[PDB]
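In the model that follows, one finds rilpivirine.
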Amino acid sequence: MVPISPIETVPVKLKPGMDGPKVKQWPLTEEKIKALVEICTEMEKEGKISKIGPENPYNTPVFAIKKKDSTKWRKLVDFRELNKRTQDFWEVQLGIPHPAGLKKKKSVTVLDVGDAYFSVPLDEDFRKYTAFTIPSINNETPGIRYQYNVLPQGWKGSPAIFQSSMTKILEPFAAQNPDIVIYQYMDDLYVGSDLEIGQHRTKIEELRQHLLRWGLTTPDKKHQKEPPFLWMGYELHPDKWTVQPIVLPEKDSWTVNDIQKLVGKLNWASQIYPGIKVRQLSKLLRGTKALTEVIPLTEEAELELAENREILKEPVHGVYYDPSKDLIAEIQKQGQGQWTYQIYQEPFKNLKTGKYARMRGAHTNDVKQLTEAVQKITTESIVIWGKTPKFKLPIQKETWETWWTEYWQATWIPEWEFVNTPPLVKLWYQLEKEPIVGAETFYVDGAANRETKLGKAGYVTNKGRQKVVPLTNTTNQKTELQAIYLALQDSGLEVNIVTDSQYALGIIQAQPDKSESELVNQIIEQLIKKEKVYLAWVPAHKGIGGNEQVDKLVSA
Amino acid sequence: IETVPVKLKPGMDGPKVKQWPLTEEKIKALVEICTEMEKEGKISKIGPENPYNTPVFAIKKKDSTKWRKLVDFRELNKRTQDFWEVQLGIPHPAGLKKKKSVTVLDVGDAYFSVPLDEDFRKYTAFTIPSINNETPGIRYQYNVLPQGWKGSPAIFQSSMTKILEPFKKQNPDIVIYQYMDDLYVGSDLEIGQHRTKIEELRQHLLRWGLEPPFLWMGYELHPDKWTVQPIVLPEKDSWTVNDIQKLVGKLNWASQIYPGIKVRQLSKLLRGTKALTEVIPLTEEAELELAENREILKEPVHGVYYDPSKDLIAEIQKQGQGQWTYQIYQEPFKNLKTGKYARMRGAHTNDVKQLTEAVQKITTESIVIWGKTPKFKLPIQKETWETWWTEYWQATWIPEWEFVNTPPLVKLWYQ
Ligand SMILES: Cc1cc(/C=C/C#N)cc(C)c1Nc1ccnc(Nc2ccc(C#N)cc2)n1
Ligand SMILES: CNc1ccc(C(F)(F)F)cc1N
Ligand SMILES: [Mg+2]
């Protein structure tokens with residue numbers, strides 16, 4: 001015989017303080033026992049399990065499940081309890097490749113490595129914890145006791161230890177064959193290259209020879225699976241990719257669960273179908289979790305759905321990544337906090353698409369949302385391609401310059417160019433840096449009674465213009481905003497406004513163009529109509545004229 | 001040569017911190033660095049029985065062409081036992097901040113000559129990711145004291161004191177202070193003499209070393225010239241209503257720092273409902289009150305003391321045109337240091353690069369003055385900072401930070 005290299009075992013431990021499982025074996029029918037004895041006898045012959053004496057105190061239950069439409073039983077060793085007690089492992093498959101980062105391949109061959117799985121030995125010192133018992137016929141003899149010598153299917157550590165063991169085996173072959181790519185998924189190896197089929201088939205046989213150094217055999221009747229591959233919800237082809245078919249159901253009525261599944265499908269589709277939207281459909285699940293509750297579809301959601309059905313009318317495919325070319329990302333504003341983007345290298349040939357939704361918040365503006373979308377696309381692009389795309393953005397260079405030089409926070413977007421495709425992102429208002437000569441000065445204030453919720457808002461000006469409005473069901477904060485609104489409403493196109501409201505200044509200095517507060521939205525609407533607005537802050541209750549006068553009028 | 005036993009803090013597992021996305025350039029640099037480190041026995045490949053992780057990235061030091069590996073041990077440093085075994089504290093040298101020149105040396109390569117406790121190595125695990133996760137991340141752990149881990153200067157301290165004994169005896173007026181991977185060497189000499197003494201000091205470590213990739217570099221500071229920012233009020237011949245309003249606002253803020261500040265008489269000038277741009281003559285009761293406030297503001301703040309048991313906090317404000325103001329404190333309104341920058345290096349069109357360079361300068365000042373790093377309150381959205389700060393980082397340590405989402409009104413008063 002030909003010596004084979006052993007597969008180094010991974011040392012395994014139980015979590016600190018914990019012991020192995022001691023779980024009672026369920027009674028089984030005489031029929032199941034006979035089937036398990038036959039199954040385990042074969043497993044024992046193949047070296048996967050070994051009979052143990054009565055010293056071992058651990059146990060995991062074993063079951064017999066009838067393979068549907070067949071007289072063949074199959075065994076299930078239920079390791080739920082051992083898994084709770086087994087240490088955590090490094091899990092490598094946490095991040096899966098995105099198809100848009102893959103490279104085009106001329107050939108991709110599949111190799112079955114299911115036999116290698118049971119060549120990976122289990123750490124000798126851990127085997128005792130995998131003990132199980134076949135009950136005896138009529139319970140008149142001791143049950144037959146076994147333990148595993150190989151990685152048990154269903155045990156917590158088997159995926160990680162199998163992956164790590166195969167990686168170590170494959171590393172030297174990949175390193176010395178930089179003209180192929182190797183990928184492990186389940187019990188299959190996927191091998192791709194740009195070589196002429198002859199050289200490619202040679203590499204495959206050389207890989208089989210390399211694997212045989214560890215005694216690992218691969219079926220010679222080559223794999224039935226061939227391009228296209230159905231994988232992790234995608235279809236992989238040699239020179240393009242897409243998502244598996246997206247079929248939106250027809251329904252006369254929709255439940256919470258149906259809408260959750262619909263949005264999940266739209267989200268999955270949005271990575272290659274441009275323009276998918278889910279805002280209005282997602283709004284319907286706000287707060288509720290009555291899985292079976294029916295929700296009427298708003299007219300807004302019906303239009304969104306209809307718009308989506310059209311986008312999904314026919315198949316769309318992405319191309320693969322060419323590292324020799326720049327990556328370009330283009331973004332469009334869609335409305336209601338929704339943004340959509342495409343990443344491509346050659347015009348009209350997208351690698352992938354995607355969307356971004358406004359974060360939950362009281363106040364926002366388009367420039368901030370565009371900025372957030374850019375950072376999201378940047379980070380996703382680092383993951384998939386290892387570098388930042390050049391951006392094409394619907395904002396003028398002069399608009400961006402004005403924004404970031406005057407914004408109170410540090411902010412940055414990477415190399416980008418203006419793309420003139422409406423809706424353009426713009427600054428709707430900008431406050432003055434200095435008081436305006438010749439503009440009327442409005443001293444504003446508001447106050448409310450915490451108990452009655454009655455209040456007043458108003459202003460007094462240097463020209464003797466005055467107004468006070470009585471208010472109900474209000475708060476100090478709302479009356480302070482109401483006073484600023486009144487001054488905007490009653491002033492000319494240029495106006496100086498003096499407030500003592502730190503709350504109102506906090507909001508306005510954040511430069512929102514849209515708010516959850518209808519009062520802030522009204523203030524924004526007025527700001528947009530002005531030519532010049534200077535907002536000045538003074539501390540309350542300090543004898544500052546104008547401020548003192550109106551504070552008295554509204555606090556009465 | 002023999003390992004110091006090291007433990008985590010009680011009831012505390014190892015770090016399990018996600019590796020953040022790295023550019024192709026940084027991955028390729030780390031693969032080359034780690035391949036060589038593995039050959040030299042500094043690191044070894046690890047298996048899946050090690051579930052721990054600490055992030056890694058790569059930087060380019062101030063004025064260098066070569067990538068340096070930087071491990072972000074912030075989580076491991078929090079979870080590592082405190083080191084007071086052989087000593088009861090290494091009092092921070094209060095004189096370091098008074099020298100005319102302080103040079104900062106990267107001496108971290110020296111730590112690689114001491115082995116790490118075999119039972120602790122698992123907790124230094126890190127991963128080199130692959131683009132698009134197409135190949136399994138490369139997993140390694142340290143066999144020797146790692147750069148950036150708080151225990152490395154502690155364990156290496158004995159070795160370091162003996163390496164420097166001849167240089168200290170022969171240069172007794174020199175202040176030498178070690179923080180993490182840095183050596184701070186302060187003197188009062190002519191900078192030409194200074195650089196020689198520094199190169200003298202390098203030779204001691206190269207001599208003991210028998211090569212360090214970044215020991216030859218030198219970050220030159222001059223803490224004797226570090227400026228502060230007292231509260232100053234305008235001196236004007238013509239005060240508008242708006243000017244006086246701004247003055248009363250600033251004085252109201254200052255009165256939280258200085259007890260005796262008064263505004264009654266200045267407010268009185270704004271008796272009525274006047275146009276913001278109208279000029280108001282100062283009556284003399286107001287001129288006196290203002291002079292009295294000016295004199296108050298020339299004195300130090302009362303009851304300001306440093307407590308080494310409390311966190312330092314650093315706040316930064318963007319003032320525009322490349323200017324940044326900052327304050328370091330432990331208790332509100334009790335500033336231990338204030339300052340202002342404008343000369344931010346090669347970042348005239350990049351806010352975030354400027355802020356990152358300000359964070360590093362403030363941290364350096366904090367190390368020199370108190371021997372620890374402050375917790376930053378940063379005027380930036382989390383997602384913007386986290387996407388970009390690693391691109392401009394040039395220091396071998398990393399401070400902690402939080403984010404300011406609401407505009408502070410006090411920016412106006414530090415301008
Ligand atoms: C992630 C991955 C999944 C599968 C297969 C998963 C499954 N099932 C097969 C391979 C070879 C890979 N690895 C890589 C790495 C770099 N480029 C590519 N490009 C590439 C892959 C498949 C097809 C096709 N058809 C075309 C190009 N694949
Ligand atoms: C986790 N699976 C895996 C292991 C080893 C390689 C290698 F080719 F780089 F060696 C590739 C993959 N995909
Ligand atoms: Mg009031």
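Proteins get letters first, then strands, A, B, ... in listed order; numbering begins at 1 in each. Excluded from the calculations below are hydrogen atoms, water molecules and symmetry mates; all remaining heavy atoms, backbone and side chain alike, are included. Indexing begins at 1, ligand by ligand and atom by atom, following the structure's order.
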(message) Where would I look for rilpivirine in this thing, copies and all?
(response) ligand 1
(message) Any idea which macromolecule rilpivirine (ligand 1) contacts most in this entry, and what the PDB entry calls it?
(response) Reverse transcriptase/ribonuclease H
(message) I'd love to know which other chains sit under 4.0 Å from rilpivirine (ligand 1), counting non-hydrogen atoms.
(response) A, B
(message) Hey, could you tell me which residues sit within 4.0 Å of rilpivirine (ligand 1)? Heavy atoms only, please.
(response) A:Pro97, A:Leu102, A:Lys103, A:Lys105, A:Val108, A:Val181, A:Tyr183, A:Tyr190, A:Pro227, A:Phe229, A:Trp231, A:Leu236, A:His237, A:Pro238, A:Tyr320, B:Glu134
(request) Can you pull out the closest protein heavy atom to atom 11 (C) of rilpivirine (ligand 1)? Residue, atom name and distance to 0.1 Å, please. (result) A:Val181 CG2, 3.8 Å
(request) Starting from atom 21 (C) of rilpivirine (ligand 1), find the nearest protein heavy-atom neighbour and note its residue, name and distance. (result) A:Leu102 CD1, 4.1 Å
(request) Looking only at protein heavy atoms, identify the closest one to atom 10 (C) of rilpivirine (ligand 1) and say how far it is in Å. (result) A:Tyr183 CB, 3.7 Å
(message) Starting from atom 9 (C) of rilpivirine (ligand 1), what is the nearest protein heavy atom, named by residue and atom, and what distance separates them?
(response) A:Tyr190 CB, 3.4 Å
(request) Under 4.0 Å from a heavy atom of A:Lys105: give me the atoms of rilpivirine (ligand 1) that qualify, with their elements. (result) 17 (N), 19 (N), 20 (C), 27 (C)
(request) Identify the protein heavy atom lying closest to atom 26 (C) of rilpivirine (ligand 1), giving its residue, its atom name and the separation to 0.1 Å. (result) A:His237 O, 3.1 Å
(request) Look up the name given to chain B in the PDB entry. (result) p51 RT
(message) Looking only at distances, can you tell me whether any N or O atom of A:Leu236, backbone or side chain, sits closer than 3.5 Å to an N or O atom of rilpivirine (ligand 1)?
(response) yes
(request) Would you mind checking which non-hydrogen protein atom is closest to atom 17 (N) of rilpivirine (ligand 1), with the distance to 0.1 Å? (result) A:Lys103 N, 3.2 Å
(request) Please list other ligands or ions under 4.0 Å from rilpivirine (ligand 1). (result) none
(message) Starting from atom 16 (C) of rilpivirine (ligand 1), what is the nearest protein heavy atom, named by residue and atom, and what distance separates them?
(response) B:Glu134 OE1, 3.5 Å
